[PDB]
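So, a structure with axitinib in it.
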Amino acid sequence: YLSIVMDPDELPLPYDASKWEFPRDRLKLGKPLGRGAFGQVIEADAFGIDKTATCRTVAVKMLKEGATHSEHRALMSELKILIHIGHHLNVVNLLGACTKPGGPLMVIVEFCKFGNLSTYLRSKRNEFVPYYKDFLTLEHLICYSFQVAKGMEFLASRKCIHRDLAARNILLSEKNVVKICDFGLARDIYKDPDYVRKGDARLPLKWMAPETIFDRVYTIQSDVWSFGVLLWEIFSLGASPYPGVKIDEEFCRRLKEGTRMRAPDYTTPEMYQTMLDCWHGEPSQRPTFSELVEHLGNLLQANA
Ligand SMILES: CNC(=O)c1ccccc1Sc1ccc2c(/C=C/c3ccccn3)n[nH]c2c1
């Protein structure tokens with residue numbers, strides 16, 4: 001289960017072990033940060049992984065009991081696409097991997113100390129003011145929004161899409177930097193109500209563009225729709241989308257016909273209009289991530 005993938009619309013991966021391979025004995029595994037059926041992300045201390053002679057807290061994805069060879073192959077392709085994507089401030093950064101025989105495949109990325117953005121924002125409801133040290137403000141929210149737009153613009157430039165863009169897949173680290181990730185195998189989607197059963201699949205319906213729901217099309221522009229939902233999540237401080245609405249056939253029907261969420265509690269007028277732009281019924285009429293980067297950039301400096 002991987003949602004970050006090469007864009008099929010853009011098609012038509014080696015492994016440089018001398019670069020990426022990290023000795024398992026320089027890694028000390030710690031507590032779980034997330035668990036799915038067949039995979040998990042665990043906190044760990046990596047000695048010298050990115051700076052000579054320095055201990056570094058990292059996150060490591062690996063398989064668990066119940067996984068089979070096909071999950072193993074899938075994790076390997078996750079490693080390979082992370083290598084292809086390369087470095088950007090706003091995408092969780094690959095630091096190394098353990099791929100030698102005799103032990104588990106392990107994919108090592110930077111640790112983001114505040115966890116996923118949805119949970120985090122939902123914990124700051126009592127510590128927010130629009131304009132008190134450690135209180136969140138409108139500036140933070142706009143800034144997080146701007147950052148994710150940049151990461152997504154970057155992913156687009158690497159010819160990838162994110163099939164599961166949502167606040168639960170945004171991480172907050174120090175210095176108010178947010179990073180796009182995908183828990184993937186390390187999330188239990190059969191147990192997480194954000195994923196709704198449909199066919200043999202469990203899908204993030206509330207984040208999905210109508211053409212994705214009805215036609216099963218995944219494009220970068222369907223990602224823009226999800227980004228609109230993510231914006232709504234940010235400016236609701238971590239609320240669940242479409243509050244108190246049964247996600248069924250009629251939901252999808254009303255969505256295709258043009259029903260949208262009302263403005264969240266902490267939004268500005270400009271931001272809500274931006275959400276609405278992202279939720280344009282016509283994919284080609286939605287803004288691009290580049291246009292969003294520019295626009296959120298202006299909203300940011302305008303705000304301060
Ligand atoms: C596309 N692949 C990945 O995103 C990925 C690859 C390897 C390992 C993990 C991930 S996803 C991920 C999930 C959680 C994390 C964290 C920390 C989360 C946290 C922090 C505090 C409390 C609870 N959870 N840091 N970095 C992470 C990366």
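When a residue number appears, it is its place in the shown sequence, counting from 1. Any value given below was found using the heavy atoms of this structure, including those in side chains, with hydrogens, waters and symmetry copies removed. Counting starts at 1 for both ligands and their atoms, in listed order.
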What is the name, according to UniProt, of the chain making the most contacts with axitinib?
-> Vascular endothelial growth factor receptor 2
Tell me which UniProt active-site residue of chain A is closest to axitinib and the heavy-atom distance to 1 Å.
-> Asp164, 10 Å
Go through axitinib atom by atom and flag the ones less than 4.0 Å from a non-hydrogen atom of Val92.
-> 4 (O)
Going by the order shown, which atoms of axitinib are within less than 4.0 Å of some heavy atom of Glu78?
-> 1 (C), 2 (N), 3 (C), 5 (C), 6 (C)
What do we get for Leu171 next to axitinib when only non-hydrogen atoms under 4.0 Å count, side chain, backbone, both or neither?
-> side chain
Which of the ATP-binding residues UniProt records for chain A come closer than 4.0 Å to axitinib, counting heavy atoms only?
-> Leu33, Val41, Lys61
What are the atoms of axitinib, with element, lying closer than 4.0 Å to any heavy atom of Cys112?
-> 16 (C), 17 (C), 18 (C), 20 (C), 25 (N), 26 (N)
With respect to atom 24 (N) of axitinib, which of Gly39, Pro32, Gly115, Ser173 exhibits the smallest heavy-atom separation?
-> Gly115
Heavy atoms only: which of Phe111, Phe183, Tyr120 is nearest to atom 13 (C) of axitinib?
-> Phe183
Find the UniProt domain of chain A that dominates the interface with axitinib.
-> Protein kinase
Write out the binding site of axitinib as chain and residue number, heavy atoms closer than 4.0 Å.
-> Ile4, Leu33, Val41, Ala59, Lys61, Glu78, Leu82, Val92, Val107, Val109, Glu110, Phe111, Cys112, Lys113, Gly115, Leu171, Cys181, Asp182, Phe183
Output, or 'none' if empty, a list of axitinib-protein atom pairs in which both atoms are N or O and the distance is under 3.5 Å, rounded to 0.1 Å.
from     : atom 1 : to     : atom 2 : distance (Å)
axitinib : 2 (N)  : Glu78  : OE2    : 2.8
axitinib : 4 (O)  : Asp182 : N      : 2.9
axitinib : 4 (O)  : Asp182 : O      : 3.3
axitinib : 25 (N) : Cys112 : N      : 2.9
axitinib : 26 (N) : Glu110 : O      : 2.9

